[PDB]
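Opening notes on benzbromarone bound to Activator of 90 kDa heat shock protein ATPase homolog 1.
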Amino acid sequence: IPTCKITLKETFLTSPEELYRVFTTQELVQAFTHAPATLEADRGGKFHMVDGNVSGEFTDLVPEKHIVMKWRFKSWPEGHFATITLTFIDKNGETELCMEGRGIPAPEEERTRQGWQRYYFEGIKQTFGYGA
Ligand SMILES: CCc1oc2ccccc2c1C(=O)c1cc(Br)c(O)c(Br)c1
């Protein structure tokens, strides 16, 4: 499988604590995805979202600071996971979120960029009121 790396950065009008909670609380994920979610907020914990179209495992969870996860869309080759790193930086009580995605199937680059930039980032901002 040819793969690609993406890097996204986005600033949210909330604190790192509140943004980290949004990414790691099953009921908050259900809210901004408009779908049932299962999320085990533990190192080794599994997550399943959006009718199983997104799933994976958390591999590193440092509250308010970073999340590392194995992450996939359901249509990817079975057992193929991207590694997604989320880093939370306090900038004047706003949060600069840095997303790095490695191991994304190359044909799926634009779908995955849209998934993070539009669905996660704009969905979180619209659901919780964290700025434009
Ligand atoms: C990236 C997964 C995802 O993140 C969200 C955040 C807020 C609202 C919906 C979603 C959402 C989806 O439903 C979804 C489902 C499919 Br299938 C996709 O091909 C894409 Br792309 C996105």
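Counting begins at 1 with the first residue of the sequence. Read the numbers this way: they start at 1 and go in the same order the structure lists the ligands and their atoms.
The shell of residues around benzbromarone (heavy atoms under 4.0 Å) is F32, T33, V50, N53, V54, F73, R111, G115, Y119, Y120. Scanning all protein heavy atoms for the shortest distance to atom 12 (C) of benzbromarone gives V50 CG1, 3.8 Å. Nearest protein heavy-atom contact of atom 16 (C) of benzbromarone is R111 NH2, 4.1 Å. Nearest protein neighbour of atom 20 (C) of benzbromarone, counting heavy atoms only, is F73 CE2, 3.8 Å.
Distance check on atom 18 (C) of benzbromarone: some protein heavy atom falls below the 4.0 Å cut-off. For atom 8 (C) of benzbromarone, the closest heavy atom belonging to the protein is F32 O, 3.5 Å. Under a 4.0 Å criterion applied to the non-hydrogen atoms of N53, benzbromarone contributes the atoms 17 (Br). When each atom of benzbromarone is checked for a heavy atom of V54 under 4.0 Å away, the hits are 2 (C).
Below 3.5 Å of separation, one finds no N or O of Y119 facing any N or O of benzbromarone.
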Quick one: table the atom pairs, benzbromarone N or O against protein N or O, below 3.5 Å, distance rounded to 0.1 Å.
| residue | atom | partner | partner atom | Å |
| --- | --- | --- | --- | --- |
| benzbromarone | 19 (O) | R111 | NE | 2.8 |
| benzbromarone | 19 (O) | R111 | NH2 | 3.0 |

